[PDB]
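Worksheet: one structure, shown below.
Chain identifiers are assigned alphabetically (A, B, ...) following the order of the sequence lines, protein sequences preceding nucleic acid strands; residue numbering begins at 1 within each chain.
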Amino acid sequence: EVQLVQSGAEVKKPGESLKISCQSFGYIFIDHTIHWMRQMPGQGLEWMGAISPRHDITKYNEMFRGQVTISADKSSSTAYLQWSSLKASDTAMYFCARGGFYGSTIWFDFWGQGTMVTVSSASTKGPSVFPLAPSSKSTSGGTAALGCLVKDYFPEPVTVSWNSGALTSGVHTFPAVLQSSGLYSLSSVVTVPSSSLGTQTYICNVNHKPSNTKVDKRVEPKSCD
Amino acid sequence: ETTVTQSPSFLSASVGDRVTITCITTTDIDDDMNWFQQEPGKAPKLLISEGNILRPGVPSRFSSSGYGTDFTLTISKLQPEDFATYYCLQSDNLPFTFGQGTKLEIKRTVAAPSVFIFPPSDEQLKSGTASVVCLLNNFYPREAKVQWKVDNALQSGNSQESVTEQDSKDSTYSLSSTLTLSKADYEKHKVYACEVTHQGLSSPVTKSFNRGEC
Ligand SMILES: [Ca+2]
Ligand SMILES: [Ca+2]
């Protein structure tokens, strides 16, 4: 069975070089072409170029020529995509996809799983976790709202669970926002009953693997003058 | 390059509806038009090759049309699995160019947001930064405006927003807005308020608090 297996996620500082790979399983390498697609965060797909291993022919979209190099090792059926100096704007997901030769009829019937590339000034940093306490101005009707502010971390991702997985209904963990620092920041919230607040304990479990930071934070209510 | 203009950028429909996306090339591309579906966190999956060839396994409800410049995908009997993003791709000449995509949202009835404001925690204040947070919970449709106000002064450039994906169960959205100040500016001012406007509210709702009050 045909698989295109890509290399793992990358975090780099601007100006470093990077080479990501795509290994082809279950078909004869020289019989097809490998293509590279960029997909920047929250946007569409872009075709960067392609390599035909049978001929060593390499073709580029002109918007990428001279910023990246597509290559191949025939003996491992691997295609490469390479930058010599990264910019932060190269932050994106990169897919390889299989295609044909000039005049084929089927394109990108197979895709690798993608390689996320993050390019940034920032250095690895664990989050500070702050309570979003329930109160009276977080009391809808019989519905209260509480949560955790996971602030100032790098890179992505962090996970958040409530009551070591015991609490899952009403939970919203939002997309991180990148700060001018930055250093991402996100919040996880849950809606619970006003009455129970009271008698029930709420702790958020925050895991930032890149910095080997785990934190548990209790969210106790608050009293107003 | 052959430019491919896909439309609609976004689209709402109900399970069982019958939607159609269209892509227009700026150069002729005969029948060299392809269609992909992309679920989030996954790679694109091919649905239709050059000349409207349904790929082996693509369900009967998917279909394709066009020749020259104007091309259409058409999904009858929209099932739940089919809510995602769709892209078209011309394979007629280099560089390959994609449509900018179509995003498929479940249509449901209007729901007003539940709004909650959160003053900066005391732990955070002991480090010199204040983060005020405003939660808009479970609303539809997606459009919603947050206006932070500080002692009635409307704020700008002060905040960051983020929105969840559509909930699998209720098909609402939820929004978080964060107003970030230095601890110093925070203490300059008394009343901190979050003003939400949204089609499901006859008029804007405000949640407020007084610094110190709690
Ligand atoms: Ca053709
Ligand atoms: Ca052709």
For chains A and B, which of the listed compounds (sonepcizumab, amivantamab, tanezumab, gevokizumab) is correct? sonepcizumab
In this deposit, what name belongs to chain A? Sonepcizumab antibody Fab fragment, heavy chain
Curious: how does the deposit label chain B? Sonepcizumab antibody Fab fragment, light chain
